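Notes on a structure featuring estradiol.
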Amino acid sequence: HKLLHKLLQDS
Amino acid sequence: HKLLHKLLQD
Amino acid sequence: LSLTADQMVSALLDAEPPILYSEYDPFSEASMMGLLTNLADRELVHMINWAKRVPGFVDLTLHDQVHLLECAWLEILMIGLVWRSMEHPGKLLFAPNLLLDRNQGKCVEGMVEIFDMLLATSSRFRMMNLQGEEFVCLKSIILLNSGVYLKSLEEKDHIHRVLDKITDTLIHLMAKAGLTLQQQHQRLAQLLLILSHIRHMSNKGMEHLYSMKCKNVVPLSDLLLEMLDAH
Amino acid sequence: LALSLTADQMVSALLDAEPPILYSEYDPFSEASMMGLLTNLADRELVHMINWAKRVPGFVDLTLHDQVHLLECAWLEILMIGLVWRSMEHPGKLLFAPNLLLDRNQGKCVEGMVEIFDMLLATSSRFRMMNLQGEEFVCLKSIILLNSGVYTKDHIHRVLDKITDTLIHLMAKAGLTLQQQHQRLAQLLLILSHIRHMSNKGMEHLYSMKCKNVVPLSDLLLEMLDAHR
Ligand SMILES: C[C@]12CC[C@@H]3c4ccc(O)cc4CC[C@H]3[C@@H]1CC[C@@H]2O
Ligand SMILES: C[C@]12CC[C@@H]3c4ccc(O)cc4CC[C@H]3[C@@H]1CC[C@@H]2O
């Protein structure tokens, strides 16, 4: 997964 | 012009 | 412009280009692209003819007409393809003797992703149950819309006027089919949002085609070359 | 939530999800310094966009991977439609930020950029003549988020139907006829085709900038750019 995936779920 | 210009004109 | 909604559909239906054929003869990249671009070149001549019969188009200046066509050509080819492919799931009907599934897209580098996209659009049509009447309206919208963005103002107005007429036509067709007002405005939008995806697919194919020209994989006609060159 | 909202409640939710207008690091131009400013700004807006998207009704219901796919597909369309909206009161000029208002002449500083500038200005001009409303704007912006990659699902299309109901409802309330409503809807939606176009051009240009080593890109920007391959 990409940086994006985290950014999106935690945000 | 262009080839398209004449085809459209003619 | 002074035509009924039914006459608009009639006019556009009567002006439809013919479905062309390819050759009857395990594709290389060269053979498939040769076939696909030969077909596109032959379809373009007909497309120029058809555009002159899209109501309001020939009232534009030649320069504008040229511009719109250069802008839209691949989009128009593509939606046409997607419409032929509608009753053939998993497949693309480039011609009645050239039915290609996605695997055969792998025969040319960068092509199968464009295939997948085109196949996704035909699905969408099939789920929506797009009608022929609806289709020729969308094709004509593409022609007038894609390249439109002081007397220059007066010309723009005319195009927006014609565009407004095709929107009325699309709504009239849905109204006659018995759709509620809510369903009418929902379907109009679903139809029009697909145009965004077709733009996307077109931009990608344009780039894919320019690469192929650069590679010298395939000979391109003067016409097809100049349309490519226009972007 | 999205599907059972009244059109007024959908407008409100979209209005209070709006990201702020940010500022540029601004302050001569060169091609490197201009791309730097624009990518710094883009990267900072992207963090707000990620947060905005997570406040769009219907977007919140999707899986993480669908959310990501859609954001990747649409991120530059979204930056662009914001830029254009911002630029309405500034004809002939592009308001990237309140301290970064650029004209056509200034676009020439970067290679290949002026063509995209002109397209953006035409788009902004189109919205000004149509007298685009903010409520219509946020509807449009969310349509892009849910639509652009939806073919690259049933639920997504129902939320899109809801936002269509919402646009119409606004038009009707502003006194427009049924015929004027469906015409204006069409006008609005047809502009998205142009916005998609502008995005694919912008995407190629940015990629050309990275290849020519004009400007270094953050990881976030490099991931979004990379999703378009
Ligand atoms: C332009 C391409 C060749 C011609 C293809 C074609 C050829 C004929 C046609 O009716 C539709 C299409 C759509 C996809 C086009 C292709 C997409 C990429 C390829 O370069
Ligand atoms: C992507 C580019 C940098 C970032 C630019 C930007 C940056 C911020 C913003 O709000 C909108 C836009 C739209 C145009 C974008 C540019 C188009 C080409 C350039 O590479």
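The first sequence line is chain A, the next is chain B, and the lettering continues from there. Here chain A follows the PDB entry for its numbers: 2-12, in order, are the residues you see. The PDB entry numbering applies to chain B: residues 2-11, in that order. All residue numbers given for chain C refer to the PDB entry; the residues shown span 308-332, 336-459, 466-547 in order. Using the PDB entry numbers, chain D covers 306-332, 336-460, 472-548, in order. Counting convention: from 1, in listed order, for ligands and their atoms alike.
- In the deposited model, the macromolecule with the most close contacts to estradiol (ligand 2) is named by the PDB entry as Estrogen receptor.
- Every other chain with a heavy atom under 4.0 Å from estradiol (ligand 2) is named here: D.
- For estradiol (ligand 2), the residues with heavy atoms nearer than 4.0 Å are D/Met343, D/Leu346, D/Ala350, D/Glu353, D/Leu387, D/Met388, D/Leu391, D/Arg394, D/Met421, D/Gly521, D/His524, D/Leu525.
- Near D/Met421, the atoms of estradiol (ligand 2) lying under 4.0 angstrom from a non-hydrogen atom of the residue are 18 (C), 19 (C).
- Most of the interface of chain D with estradiol (ligand 2) sits in UniProt domain NR LBD.
- In terms of polar-atom proximity, defined here as any N/O pair under 3.5 Å, D/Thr347 makes no such contact with estradiol (ligand 2).
- Within estradiol (ligand 2), counting atoms from 1 as listed, the ones closer than 4.0 Å to a heavy atom of D/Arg394 are 10 (O).
- Those atoms of estradiol (ligand 2) with a heavy atom of D/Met343 less than 4.0 angstrom away are 19 (C), 20 (O).
- Each of the following atoms of estradiol (ligand 2) lies closer than 4.0 Å to a heavy atom of D/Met388: 13 (C).
- Residues flagged by UniProt as binding 17beta-estradiol in chain D that sit under 4.0 Å from estradiol (ligand 2) (heavy atoms): D/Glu353, D/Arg394, D/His524.
- If you number the atoms of estradiol (ligand 2) from 1 as listed, the ones under 4.0 Å from a heavy atom of D/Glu353 come out as 8 (C), 9 (C), 10 (O).
- Near D/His524, the atoms of estradiol (ligand 2) lying under 4.0 angstrom from a non-hydrogen atom of the residue are 18 (C), 19 (C), 20 (O).
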